[PDB]
Amino acid sequence: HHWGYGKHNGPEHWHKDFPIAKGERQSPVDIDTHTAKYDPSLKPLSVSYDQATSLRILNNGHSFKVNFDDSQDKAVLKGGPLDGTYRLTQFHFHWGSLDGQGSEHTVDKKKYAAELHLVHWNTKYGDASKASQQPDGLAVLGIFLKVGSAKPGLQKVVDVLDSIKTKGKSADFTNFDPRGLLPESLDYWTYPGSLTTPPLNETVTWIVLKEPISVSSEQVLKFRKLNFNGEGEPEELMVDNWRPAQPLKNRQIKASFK
Ligand SMILES: C=CCN1CCC[C@@H]1CNC(=O)c1cc(S(N)(=O)=O)cc(OC)c1OC
Ligand SMILES: [Zn+2]
């Protein structure tokens, strides 16, 4: 009876195995754009993905994940609210059954069709496991997806999903450039939060870009053909793999922009 996104194992159940689900620093949140304050103390954000080394793509039964060689400083995030150097380790998505839902963060209660999470760890903690336990150990760059025009930089991901339909399947995914998933603007909101999946560690600095990327209906339809189930189990389409907004509690969301 392990965690998932169903009626019987979904986000309303996770607190029983992971009591921090009802904590003071949970993610995602609704971003109230009126409440969020411009922060002039935020340093320039640096998304340095030129030397990224993608390795594999994996269906983990929750999402699909692209992992990166993070054995040295290749693709890194620094600046903005961050101190020091955070290495890209993986990206994955969250998406819906319909184009009006799928994102984890919301913006003035607006849900997007999907959300991309680029997961990074603080190199002062030497590895991602040790980082994942420190209050400033992880940084996740969140990008909303809306349905409209195709995103050419996403198509190499969409075209391999056929090969990883079921939980436990992986494929080679070398020479993928995550710069092709970024919008033009790096305007962002930031707040202290958590992983949005078990174990829900309160160890994430969230950086959520204001500008969504457009993807086509054909691209998001391909996400919805994935399966939560393993090969030769009953088919359960991998859709609505998002946690809803959690209480903001005593936190401030800071904007990088006026
Ligand atoms: C080695 C453990 C820590 N690394 C770095 C932080 C997240 C990652 C561990 N967990 C994940 O890979 C993982 C993380 C997230 S999330 N939205 O970043 O919390 C989502 C997921 O699948 C919807 C994941 O797989 C279940
Ligand atoms: Zn995520």
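Here the PDB entry sets the residue numbers for chain A, with the shown residues being 3-125, 127-261 in order. For ligands, and for the atoms within them, numbers begin at 1 and follow the listed sequence.
Located at ligand 1, the drug is listed as veralipride.
The chain in largest contact with veralipride bears the name, in UniProt, of Carbonic anhydrase 2. Looking at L141 against veralipride, only its side chain comes within 4.0 Å, counting heavy atoms.
Most residues contacting veralipride in chain A map to the UniProt domain Alpha-carbonic anhydrase. Residue contacts with veralipride, taken as heavy atom pairs separated by less than 4.0 Å, do not involve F66 at all. The PDB entry names the source organism for chain A as Homo sapiens. In chain A, the residues that UniProt lists as binding substrate and that have a heavy atom under 4.0 Å from veralipride are these: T199, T200.
Atom 1 (C) of veralipride has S132 OG, 4.7 Å as its closest protein atom, hydrogens excluded (heavy atom only). Here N244 has no heavy atoms under 4.0 Å from veralipride, in either its backbone or its side chain.
Other ligands and ions under 4.0 Å from veralipride: ligand 2 (zinc ion). In the candidate list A142, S135, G6, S135 is nearest to atom 3 (C) of veralipride, counting heavy atoms.
In terms of protein heavy atoms, atom 17 (N) of veralipride is closest to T199 OG1, 2.8 Å.
Veralipride is never approached by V143 to a heavy-atom distance shorter than 4.0 Å.
When heavy-atom distances are rounded to 1 Å, the UniProt active-site residue of chain A nearest veralipride turns out to be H64, 4 Å. Assignment of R246 to the shell around veralipride is not supported, since no heavy atom sits closer than 4.0 Å. Measured by heavy atoms, veralipride lies under 4.0 Å from these UniProt Zn(2+)-binding residues of chain A: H94, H96, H119. Heavy-atom separations between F93 and veralipride are all 4.0 Å or longer. The 4.0 Å heavy-atom shell around veralipride contains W5, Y7, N62, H64, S65, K67, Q92, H94, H96, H119, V121, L141, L198, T199, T200.
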